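Quick look at a structure containing estrone.
For reference, chains are lettered A, B, ... following the sequence lines as listed. Chain A is numbered as in the PDB entry, which gives 688-696 for the residues shown. Chain B uses the PDB entry numbers throughout; the residues present, in order, are 687-696. The residues of chain C that appear here are 306-461, 470-548 by the PDB entry count, in order. The numbers used for chain D are those of the PDB entry, and the residues that appear cover 303-462, 472-550, in sequence. In listed order, ligands and their atoms are each counted from 1.
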Amino acid sequence: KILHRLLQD
Amino acid sequence: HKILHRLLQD
Amino acid sequence: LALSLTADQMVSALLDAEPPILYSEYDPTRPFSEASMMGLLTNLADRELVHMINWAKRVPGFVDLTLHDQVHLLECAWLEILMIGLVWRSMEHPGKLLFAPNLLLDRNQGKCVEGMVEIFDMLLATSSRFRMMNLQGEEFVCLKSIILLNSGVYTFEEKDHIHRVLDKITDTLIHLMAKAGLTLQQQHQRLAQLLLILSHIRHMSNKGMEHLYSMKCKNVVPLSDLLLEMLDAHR
Amino acid sequence: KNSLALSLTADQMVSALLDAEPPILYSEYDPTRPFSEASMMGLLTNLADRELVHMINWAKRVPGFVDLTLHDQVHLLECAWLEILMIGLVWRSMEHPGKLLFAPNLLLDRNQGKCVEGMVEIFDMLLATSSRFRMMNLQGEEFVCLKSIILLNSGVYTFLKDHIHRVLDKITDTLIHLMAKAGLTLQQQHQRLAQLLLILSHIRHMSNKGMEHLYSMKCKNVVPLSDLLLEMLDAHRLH
Ligand SMILES: C[C@]12CC[C@@H]3c4ccc(O)cc4CC[C@H]3[C@@H]1CCC2=O
Ligand SMILES: C[C@]12CC[C@@H]3c4ccc(O)cc4CC[C@H]3[C@@H]1CCC2=O
C-alpha cells in the first residue's frame, strides 16, 4: 500500500 | 411524455 | 404561501403529508432466490414511488416550481428519499432493514443478491446512526423534504425560491431543537450532524443506482416502466 | 487518551488549517501540440497524482487526524481523496467564471471538456459548484473548514469513532464563530451553515461520478495510472 507508506513517511 | 410527468399532472 | 408558514405548521403539514407504510407481497412459504428477492424490492419501490409523487406535491413550495423542475427534482431525489424512508423505519430493528412490515431482511439475507450486501451494510450503518442520535420523526420529515429540494437544485431563477424554502426548513429544524431544550451550540452542532448524513445518503443512492442498472442489463428481474423512467434519468 | 484538537479555540483551528494549505502545483502541460482524450486525461491524472502527495501531508496537519490509527487514516483518505481534489479545484476556479483552474497554467472551459467523452457532464457539475460558492461569497476560512469536514466525514460511516465526531463538532463550532465574527445574525448563521453543508452532498455526488469515469478510462486503456491512483480507485469498486 503506497498510501500506507506515504502516511507514515 | 414520461410517466412521471403525467403522474405529476394528475 | 410556503415561505409564510410557521415552523409549527411547517412540521404539521409535513407530518400530515407522510406516505403510508406499504406491504410486501412476499410469501413466507417459498424461500429466497436472487431474482425473487429483487423482484420483491423493485415491485415495492414502484408502489412507494407513486405515493412519493403525491407526497412531494404536498411538500410546501414544491408545486410553486415548474413541472419541468418538479420532475428533475423527483428524478434526482427519488432513490435517496426511498433510502432514508427505509433507514427511518428500520431504526429500532437493530441489524435489519424493514423494507416492509412483512419483509424485514437481516444483513445476511443481503447475500441472496450479488452486490447487494455492500449497499445493505451502508443502509444499516445509517440506521445505526439515526438511532444513535435518537432522530425524531419531526426532524425526519424535514430531512426528507430537504433531500427532495436540495438534491437536484444545482443541476438546473427559481433556484433562489428553492433555497428560500430550504432556509425555512432549516429554521424549522432549529426551532425543533430549541424547543427540545438544546443550547445554541448544541443546536448548530446537531443540525450539522444531520446534514452531513445527507452526503452519505447521496453516496448510497449513487451506489444503489449503479446496482439497479446492472440488474437491469442482466435482465434478472423485470422493472416497471415507471422505475425505468426514473432510472434512465440518471445516465 | 485525548486530543489537542478538542481544546483548540476557534481562532487556533482556523490558523492551523490555513497554514496547512497545500501549494498550487503546475501542469507539465505542453501548449505546442493538440488536446486529445488520452493527452488531457494524461495531464489531469498526472496533476491528480502529484496533488495527492501534498494532500496526505495536509491531512496529517488537520487537527485530530493523526490521532486516528493508520488504518482509519487510510480509510478516510481513500474515501475522500477525490472530493478533496474536487473542492480544491472549485475553490481555485471561483473568480474565473465558466472555467476550471486545474493549474495556473491549465485553465479549461466546459468545451475543452468534450475532448474526453464522458467528462463534460462532470465539468458541468464542477462549474455549477463554482458559481454557487461564488454567489454565496465563500471565504477561505470557511473553505478550509469544509475541506476538513469532507476528510473526516466522508469515510466515518463506513467504519464497520466518537472522537471523529467530536472534532467534526469543533469544526462546526469554528464555522459558526467565523460567521458571527463576519457579523451574520444568529439565524443567518444557521442558514449559512446548512447551505454550506448541503453543497457537500453534491460534491459527494461529483466524486462518485468522477470515480466511475476514471474507472472507465482505466478499463479502456486510454491512459496509464500511477500505482498510487490505481490503489485509490481500488478502494472503491466499480462495474
Ligand atoms: C433500487 C434497488 C431496488 C429497490 C430497493 C428499495 C426498495 C424499496 C425501498 O423502500 C427502499 C429500497 C432501497 C434500495 C433499493 C435498491 C438499491 C439497488 C436496487 O436495485
Ligand atoms: C479523476 C478525473 C481526472 C482528474 C480530475 C482532477 C484532476 C486534478 C484536480 O486538481 C482535480 C480534478 C477533479 C476531477 C478529476 C477527474 C474526474 C473524472 C476523472 O477521470
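Put simply, copies of estrone show up as ligands 1 and 2. The largest share of close contacts with estrone (ligand 2) comes from the chain named in the PDB entry as Estrogen receptor.
Under a 4.0 Å heavy-atom cut-off, the other chains found next to estrone (ligand 2) are D. Nearest to atom 15 (C) of estrone (ligand 2) among the protein's heavy atoms is D/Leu384 CD1, 4.2 Å. Checking only distances, D/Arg394 does come within under 3.5 Å of estrone (ligand 2), N or O to N or O. Counting only heavy atoms of the protein, atom 12 (C) of estrone (ligand 2) lies nearest to D/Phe404 CE2, 3.8 Å. The shortest contact between atom 1 (C) of estrone (ligand 2) and any protein heavy atom is with D/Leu525 CD2, 3.8 Å.
For atom 9 (C) of estrone (ligand 2), the closest non-hydrogen atom of the protein is D/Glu353 OE2, 3.5 Å.
When only non-hydrogen protein atoms are considered, atom 18 (C) of estrone (ligand 2) lies nearest to D/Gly521 O, 3.3 Å.
In chain D, most residues contacting estrone (ligand 2) belong to UniProt domain NR LBD. Atom 3 (C) of estrone (ligand 2) has D/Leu346 CB, 4.0 Å as its closest protein atom, hydrogens excluded (heavy atom only).
Of all protein heavy atoms, the one lying nearest to atom 16 (C) of estrone (ligand 2) is D/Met421 CE, 3.7 Å.
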Starting from the N and O atoms of estrone (ligand 2), find every protein N or O within less than 3.5 Å and list the pair with its distance.
unit_1	atom_1	unit_2	atom_2	d
estrone (ligand 2)	10 (O)	D/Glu353	OE2	2.4
estrone (ligand 2)	10 (O)	D/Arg394	NH2	3.2
estrone (ligand 2)	20 (O)	D/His524	ND1	3.3

